[PDB]
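Check out this one - PGDM1400 stuck to HIV-1 BG505 DS-SOSIP gp120.
Here is the naming used below: chain letters follow the sequence lines, and residue numbers restart at 1 for every chain. What's counted below: heavy atoms across the whole structure, side chains too, no hydrogens, waters or symmetry copies.
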Amino acid sequence: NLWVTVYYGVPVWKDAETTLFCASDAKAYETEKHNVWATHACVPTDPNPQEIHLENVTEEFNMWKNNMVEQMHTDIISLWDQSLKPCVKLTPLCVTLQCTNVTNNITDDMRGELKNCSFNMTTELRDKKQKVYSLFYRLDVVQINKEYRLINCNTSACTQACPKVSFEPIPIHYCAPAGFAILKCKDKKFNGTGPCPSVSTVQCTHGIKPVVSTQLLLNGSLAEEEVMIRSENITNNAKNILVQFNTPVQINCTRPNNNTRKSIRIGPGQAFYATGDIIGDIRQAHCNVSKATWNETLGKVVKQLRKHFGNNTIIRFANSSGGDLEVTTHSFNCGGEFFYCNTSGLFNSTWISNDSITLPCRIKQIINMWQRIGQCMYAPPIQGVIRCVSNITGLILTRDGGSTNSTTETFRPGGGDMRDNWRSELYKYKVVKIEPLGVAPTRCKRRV
Amino acid sequence: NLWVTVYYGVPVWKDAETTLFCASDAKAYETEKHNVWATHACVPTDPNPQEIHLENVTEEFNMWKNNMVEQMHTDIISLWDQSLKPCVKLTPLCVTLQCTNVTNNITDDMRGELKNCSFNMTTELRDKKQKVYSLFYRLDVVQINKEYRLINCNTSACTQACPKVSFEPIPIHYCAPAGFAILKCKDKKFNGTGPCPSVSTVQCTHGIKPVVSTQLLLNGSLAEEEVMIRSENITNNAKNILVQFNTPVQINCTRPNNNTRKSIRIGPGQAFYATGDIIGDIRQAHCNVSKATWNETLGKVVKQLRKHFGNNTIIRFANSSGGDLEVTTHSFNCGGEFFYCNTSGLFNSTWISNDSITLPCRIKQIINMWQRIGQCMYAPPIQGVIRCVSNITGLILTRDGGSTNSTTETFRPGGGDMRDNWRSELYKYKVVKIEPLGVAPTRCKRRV
Amino acid sequence: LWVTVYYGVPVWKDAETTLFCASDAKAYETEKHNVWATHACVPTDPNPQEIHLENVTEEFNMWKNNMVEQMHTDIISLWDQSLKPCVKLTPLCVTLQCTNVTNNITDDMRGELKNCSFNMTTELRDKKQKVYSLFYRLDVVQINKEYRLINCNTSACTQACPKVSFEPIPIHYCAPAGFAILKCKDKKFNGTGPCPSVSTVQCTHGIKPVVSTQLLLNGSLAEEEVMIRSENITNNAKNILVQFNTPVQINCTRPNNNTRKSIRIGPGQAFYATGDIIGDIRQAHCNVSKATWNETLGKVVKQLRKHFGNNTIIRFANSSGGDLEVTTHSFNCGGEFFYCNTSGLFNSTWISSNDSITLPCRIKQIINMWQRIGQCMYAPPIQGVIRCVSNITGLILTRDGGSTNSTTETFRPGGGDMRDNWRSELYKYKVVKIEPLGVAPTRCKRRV
Amino acid sequence: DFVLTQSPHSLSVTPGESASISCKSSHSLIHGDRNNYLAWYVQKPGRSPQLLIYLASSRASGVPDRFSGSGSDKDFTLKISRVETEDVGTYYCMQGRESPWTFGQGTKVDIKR
Amino acid sequence: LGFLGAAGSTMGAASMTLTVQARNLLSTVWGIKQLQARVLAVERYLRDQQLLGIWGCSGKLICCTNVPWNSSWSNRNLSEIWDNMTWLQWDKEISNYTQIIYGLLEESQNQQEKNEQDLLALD
Amino acid sequence: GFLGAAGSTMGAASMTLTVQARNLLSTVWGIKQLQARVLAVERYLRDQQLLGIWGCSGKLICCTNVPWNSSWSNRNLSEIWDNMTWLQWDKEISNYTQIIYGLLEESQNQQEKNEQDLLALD
Amino acid sequence: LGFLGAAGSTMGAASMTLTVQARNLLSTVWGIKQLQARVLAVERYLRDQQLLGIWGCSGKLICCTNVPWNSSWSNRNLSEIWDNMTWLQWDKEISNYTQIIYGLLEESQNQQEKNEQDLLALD
Amino acid sequence: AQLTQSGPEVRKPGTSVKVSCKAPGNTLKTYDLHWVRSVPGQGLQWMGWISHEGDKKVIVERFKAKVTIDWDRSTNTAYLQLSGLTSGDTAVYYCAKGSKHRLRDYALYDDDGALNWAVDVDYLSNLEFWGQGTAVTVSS
Ligand SMILES: *[C@@H]1O[C@H](CO)[C@@H](O[C@@H]2O[C@H](CO)[C@@H](O[C@@H]3O[C@H](CO)[C@@H](O)[C@H](O)[C@@H]3O)[C@H](O)[C@H]2NC(C)=O)[C@H](O)[C@H]1NC(C)=O
Ligand SMILES: *[C@@H]1O[C@H](CO)[C@@H](O[C@@H]2O[C@H](CO)[C@@H](O)[C@H](O)[C@H]2NC(C)=O)[C@H](O)[C@H]1NC(C)=O
Ligand SMILES: *[C@@H]1O[C@H](CO)[C@@H](O)[C@H](O)[C@H]1NC(C)=O
């Protein structure tokens, strides 16, 4: 004698994919700073968090199949483009350039690194001449024959970045629609997959900074109580390893040259910002890292790889295997200037079981972001000297070699994907759909 | 004794902000002339809008903080931008011009107002060029250092106003969405703020003409009993005064020249409409106002301005204080031409305890409209003579000075802000949201 | 007898709504985008769920059907959307210098191809290149040995993206929730009136957006008899639709082995010219079989006399002329556009075998598709020989009409508006709107 | 291109013989490939000058085909075949490559006896 | 069986399967017109429920009320309807008076929702 | 008419509830439509959902098992239902609304389990 | 005590908080996101509401039904269910048998609607 | 065919001289205008030219201080103006008409192939028509 009773509002959820919506704080919203990740879209965020802890609850996570990371990738790309739409398009810059080396005050380290180029142009009127010049970096010009052209001419014409917009990452919060929930894993020992005994639910995620980097994760969130190593198929060789630090390593970067701007007029109401001329002497850009606090950190990373790779295996670190400058170098931008720096000084050692390091960097102004083809961007020059300081919170590593069962392991820096930079933040979160109807047996009957 | 009871459908409301939508006069549907701010794509209005009276209910109004005016201002600009997305862009016109005076048969007052310019323009074949000429008003050209250029070539490229689209102000009705309601203040002596002891409810507002003008409100709706003076704070000089006439005074305008429109083809499927020549004598454009009627309307306004500043204070009228043409002159357009008239002959008097006033006017073809910089429009010429008759129904004034006492007040025209114009129509409306859930005490108790 | 209230009754009435597309998921495996936007179209059901309706005798009408009007706008809108990311050939409107091709030519093709050379732009703004391309006679016009492309005095064409395909794919039309699509199943339905065999479907059968003229290709066949359908059968200003009960194959080919050539006209965008022709140059044509075509006309006449009398003489003629877009059989064969002289088919008089009929066809590269003037498309050439085989399943006819005579009826091919094509597929279907509420007497009463 | 020099200052030729006069150019004088801008004139005593050869090989209308010119890119020469009494005069080579345009110094021809 | 499958069955037999219909009433070229359809379906669906909610039938597929039948609408007997007709053609016959019947059902409801609560406020 | 009794007394308006209830639902101008419509439907459903958990769910007038706290208001029924107005009533009791709304939720659940326990004993 | 908080507690203790979960089921081309999302929310809530409405449970959070509990579905004693089990466990045991159950709930309802109408007509 | 010049001149120092050179009717209007100087033993020298289009006009910097050329288009009259004469300015002045080649040695084009601006350079092809002379004699 048992009859079906139907309940509405039961706490049951199921894995699902849905379109999250962005939220942001009001500091930039109140004054219209116009960041690339503009607040015009994201709604004002809640005045305070409303997280709820769930006792007795166990849930199965997987950081590597998360739909959140894919939905963040597309939106970051889309928000980037819509910011570049109104800006002037530098189609008239594809002419023949006549360039000569700058010889005034040059450090031997960068003989012939930037050039003094001149070319014909029109003024604000269609039918009047104008001859202009500008300094260009050697990576942006390719010889055609002492005649050159910009690297991008034979593929596409790309848009100058509007001077009043900024690339600085402001945190953006990802909040779930009605009928859905976000489960956050609070386990300190989590390895990115398997059950999480300390689940809790939150209205929506913490502030995430959309930083762009390679071979090193900058301005991120630190692990707790121990360095963490996350990989899905650790015994592979085509699977990257994500390392998260428990204490930052500080990196300082600078571009000592004192550059000067020059606003050229090309067409009605359009301007081109040339590099003018440099005050002082030309020197190499570089970044600094502490020799003591960096090899005190590699000693903590190795002691975790010793777990996955034997108690007496001899580890080894080496520089990038090769490829394009965007993948073999620690790329980033600070102060609106794009850096491509040589990390061969850091990944060089063997572990057998002040003297701050300097990394020389090269600058560029023709930018191909998101690994797309046929679409670049031109970075206007920045007045004065620029400097920046940032945390280092993680590495992207790629193993190689299978010649022996276990004698040594050689690790090199990665950079073959961009979602890796955001799987380091969205690893605690997952989205679930709520199914509130349930039927259970109990002794009851419909009277009458 | 008393148990709570919940009622669904109680009449109650609260002030709110919402997105209203346009409704169009059905009798204009059949025209299909595709004017700006399309009255098509609106929801056709029913033939008998329903007004509902609300007996002995009193409501607070505030026309200055009303949000409806902000939406209308944002809508009209949005409609204006779309209306000239598709058709021609005058980038090729930014070349050097060779101009000379025109003096064939000209009046003494129009001695040097328009010029005859020649330029080498492109043909529909990209590889050929043709020499053409056109007449330009002196306000639309500037010397480069007899070589001229269009005023805008160093600021932006103008879009040619689209020849088959009309600028006429067709009336627009604003409707509220379901769940919201519009209230109308029926009181006749309402000064814009405070209690309104007579209110009513309407589905949608009356027809509002989006007329664009400065220093005089044209084709507007009249008052019912008396000339009304309105302002936020009369004791502040820096805030405008709005006047609403009880009767109209006619203003007749005309450009008495016989213009000829000449098509020039500058590319495949694109044409530039130039002004060819004048068939007859060249005369100044002007507007007329009845001297005997303006002399008495200002009599009332002083009579209604004595209620604020005293029975005895001397009240004076002076022409525009100073500024650029858009604000310092009475601007409008009839047919397709944009007039900038000199109102120094209307505001000329001093008041102490059959003829016509003929205001000279000038014409422009490069128009900026909504006080934007970098966005421009070009208005092509119109064939033949153009004449227009219109009401005048309000003034926008600003008082000044005052030192140690109110001994002689003076007023001047102003009002370059375009949203003060519509505030004179939407001063009787407000939007509220319904809250149909109410709880009240009653003896009644649920059965079980 | 008290009023009852029923919800969910099976009642419906006619009304118009926005149907949405549904396409086979199996087509996603092709991976290649097409004009008809399979990705935008909703995925279709695994299999239809057609339901038969006994006792039902719905009334149908094929001529005043809102479904066909919707398909017309959808097809045009999809077409325009696909050409946005392609190249705008503005720099192609330049003077051409052309000479006849006389290298290994046949008599019939003499003068139909031209060898044109011209200056053209390149990736750098201050250089030009001299190139040549073969152009068909129909595409160029003279400037009185100098030529130009025909479209240059109307508008600029958009080059078709070389990757997309013009190949039709079936699209299903589906009704939204609360609406239904009724389907007729009478085997002798003449397009209007009762349909004693109605049924309802979730979506229509797969319909191919084929574009043709004077002959319907790749369509649906009738059953057991050739069906004739028209609106006002004794009206000379009305078209007549004939649907075959069996198909007659038409083989079409372009024997020339021509080669595509790429020219760079700007940064990142290229123009596809015709390079040369290998071997002899011959004429394109289409074939039909005399034995099978003739018997089809004999079946077509039989049903025509049933309307126009048994004793009436009937004739077929070759159309009264017009432009090639309407006076010829026009269709698309593997990315190349044909225009065939159909005079060989419609030539007979009726009074009551391995052979062929060859139809000489011309080819065209500048296309105005939907009878618009202002939008043109440039179809790039195709490498090698091409061939097509297709059903003929219909026929569009017009009647000349006798004046004071009745003993001879002469018909000609027409083509009308393009939407006459899809009336041959959507005649069976109509959209209805459900009405689930009803009231009826019963013995019931409410208690208390 | 500034200065042009002709090698023989005086020339004596027996009737029925051929004649040869060479003009030397300081700079290229060639625009590109096919075009060379050199011309040859004659000023018979007490008369106005006359045009004989232009573009360094082309012969003017009305000039008997006995006058033939050849040369390119800083080497030119004018040949007359079977000279006659009326060939006495003075010959100037002119360059049209760059402004200001200049004449040669002049070669003087006389019938031999 | 089947959606609208009873359209040709009799009025008395087609009323036994009302659930199949009601359950089927709410089940960038083609990206913006799609949404303009989905919202309309919900808009119509709530129109019916609201009407049923003000006649007291807010949760039933069959509902009876205290509004007397008027022969001036249709005087025919059950010997002439309910077993020899179809819902498709009854709509045609009774359509002329629907605007009225829907109105009586409203006042006949507040006529009940007050007298009911008047008993709880007294006893 | 619609809102045609906003100035009448509370008792007088109580018989005009239906006129309000019927009116609670149903390119620049184009994008305005979609925003307005989806705002109206969502507002309508919140009232229906909220009015449903309280146990009424189909009714415009509905009694409840929650007594009236004197602190919310003390005035008599001869001083409310015949001399106040709903627009005036919302002014008297505004702060308490969200507190009262939290009571009816619990009162109903007790009924739901009680009229379910009072069915299991059979 | 908050939203979804009783997900890890006994089944009987979890049903005391149905209202907390019940309240939260509902609340330029780039921004069509914030419109696609909301329309979806509305039509998901209406799907559950309709599914209850055609079971007889119009506005009831804990609704009884006359459908017998087939023992093949689950064999537990009521103490094994309502005392020492969680709703996220029960979902695992009945998932296969869920779809059929909604049928029996729907079959039993219109029978009562037809029956009660007949009994009223018997008056 | 031929051109006809004004007769000989004899002017004292310091003064100015105008020389005319006219073509039969309007038989030569598509040929450019050139001036040449002859001094016995000094050879032929080039002074200046005017393009038939009227877009160019130059004079060698040696003579540019005093000499000036005019072309009355309506009457087809060519004038050579000499001022500040000296004993070394005695010469014989010829007028010539010849052809030229105009070649676009550089050009900057728009996005759609339209021309913004270009530099066309004039090269001299031949001097094919000649005058008779004007024996200007400078003496006390
Ligand atoms: C099918 O097409 C035929 C035409 O081929 C239509 O018949 C035409 O109908 C019009 C309108 O009724 C007739 O005009 C009237 O005719 C008489 C002349 O004595 C007179 O009453 C009026 O003054 C008027 O002109 C017209 O004569 C007639 N034509 C023929 C040839 O009969 C017919 O209406 C179409 N059918 C349908 C259903 O639309
Ligand atoms: C983890 O990575 C290893 C590779 O190092 C995978 O092992 C291989 O799996 C494939 C597929 O079954 C076999 O064909 C190979 O023989 C395996 N190689 C070895 C050395 O065992 C392993 O499958 C991966 N694990 C997962 C779960 O994907
Ligand atoms: C992560 O933890 C899970 C659960 O214990 C385990 O199965 C897995 O092997 C661990 N490591 C990796 C690399 O997945």
query: Could you point out every ligand or chain corresponding to PGDM1400?
result: chains D and H
- request: State which other chains have a non-hydrogen atom nearer than 4.5 Å to PGDM1400.
  value: A, B, C
field: Residues of chain C contacting PGDM1400, heavy-atom distance under 4.5 Å
entry: C/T90, C/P91, C/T121, C/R125, C/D126, C/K128
- request: Identify the paratope of PGDM1400 for chain C at a 4.5 Å heavy-atom cut-off.
  value: H/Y106, H/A107, H/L108, H/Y109, H/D110, H/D111, H/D112, H/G113, H/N116
- prompt: Which organism does the PDB annotate as the origin of chain C?
  reply: Human immunodeficiency virus 1
